[PDB]
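See structure below.
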Amino acid sequence: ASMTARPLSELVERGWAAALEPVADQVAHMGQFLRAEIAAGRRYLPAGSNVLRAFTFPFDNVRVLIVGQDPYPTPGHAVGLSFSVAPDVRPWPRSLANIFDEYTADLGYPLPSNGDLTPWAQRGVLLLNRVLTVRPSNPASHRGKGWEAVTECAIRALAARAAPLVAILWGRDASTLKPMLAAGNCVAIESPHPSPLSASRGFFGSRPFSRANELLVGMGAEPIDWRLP
Ligand SMILES: O=c1[nH]cc(F)c(=O)[nH]1
Ligand SMILES: [Cl-]
C-alpha cells in the first residue's frame with residue numbers, strides 16, 4: 001500500500017514495476033516526502049493508495065498517454081487517474097467540464113453521464129499527471145519535489161517499448177515530456193491545458209481524441225474507443 005514501505009512489485013502492475021525500476025529509490029523517497037508533509041501538518045491528494053493508480057493498468061496495453069499537470073486540488077476529486085472523478089461526483093470540476101465539451105465537439109458523442117474516466121484507462125489510455133500529488137487547495141504545490149523524475153521515467157519506458165505510442169500533453173508542465181518522445185514510434189499532440197485559465201488559448205477546438213485515433217491508425221494500431229456511458 002505505502003510507497004515508502006513496499007516495493008514497486010507490490011504497488012504497481014508487473015510491466016510498470018519493471019518500467020519504473022530506474023526510479024525505485026525515487027518512489028520510496030516520494031513516500032518519505034509525503035510522510036514528512038503529514039508530520040509537518042500538511043495534507044496531500046489523492047489518497048496514498050491512489051497516488052500510483054495510473055500504473056495499475058497494464059504497461060504493455062497502453063496505446064495513448066494523456067498527461068496533465070497535477071491532481072485536482074479539492075478534497076474528494078482526485079482519484080489517481082488524471083482528470084477523472086468518482087462516478088458520484090457532481091458538479092464536475094471545471095477542467096473536466098471543458099474536456100467533455102471538447103469530447104462532444106470532436107467526437108459527436110453526447111455528454112457523458114458522469115466524470116469517471118476508468119473506461120479510458122481500461123481501454124489502453126494512461127491517465128498521467130506530470131506530478132502525482134498536490135496539497136489541498138494549492139495547485140502546483142508539489143512541483144519540483146521529486147515526482148518529475150518518476151513521470152519522466154514512465155514516458156521514457158513507454159517510448160522504448162516495441163510499440164506505437166500517441167501522447168496527448170495538456171499544458172506547460174506536461175509539455176516538458178516532449179523531448180523524451182523523439183523516437184519514430186511515438187508522436188505527441190500538445191495543447192493548452194483544459195482549465196478555464198488556459199482552455200481558450202487552444203484547448204477548445206484541438207480535437208485531441210480524433211487526432212489520436214488518426215495517429216494510431218497511421219501507425220498500424222487500433223484506435224481508442226473513447227465513448228463514455
Ligand atoms: O492537470 C490536471 N488538472 C486537473 C486534474 F484533475 C488532473 O488530474 N490534472
Ligand atoms: Cl493541508
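Position 1 is the first residue of the sequence, and the numbers go up from there. Each ligand, and each atom within it, is numbered from 1 in the order the structure gives. Hydrogens, waters and symmetry mates are skipped; everything else that's a heavy atom, side chains included, is used.
- The drug located at ligand 1 is named fluorouracil.
- In this structure, the main binding partner of fluorouracil, as named in UniProt, is Uracil-DNA glycosylase.
- Polar contact with fluorouracil: absent for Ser95 (N/O pair, distance under 3.5 Å).
- The shortest N or O to N or O distance between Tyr72 and fluorouracil is not below 3.5 Å.
- When only interatomic distances are considered, the shortest N/O to N/O separation between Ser82 and fluorouracil does not fall below 3.5 Å.
- Protein heavy atom closest to atom 2 (C) of fluorouracil, with residue, atom name and distance, is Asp70 O, 3.1 Å.
- The source species given by the entry for chain A is Mycobacterium tuberculosis.
- Annotation: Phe83 places an N or O atom under 3.5 Å from an N or O atom of fluorouracil; distance criterion only.
- With a 4.0 Å heavy-atom cut-off, fluorouracil is reached by the side chain of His193 but not by its N, CA, C or O.
- Nearest UniProt active-site residue in chain A relative to fluorouracil (non-hydrogen distance, 1 Å): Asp70, 3 Å.
- Residues of other chains with a heavy atom under 4.0 Å from fluorouracil: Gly68, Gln69, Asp70, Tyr72, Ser82, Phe83, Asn129, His193.
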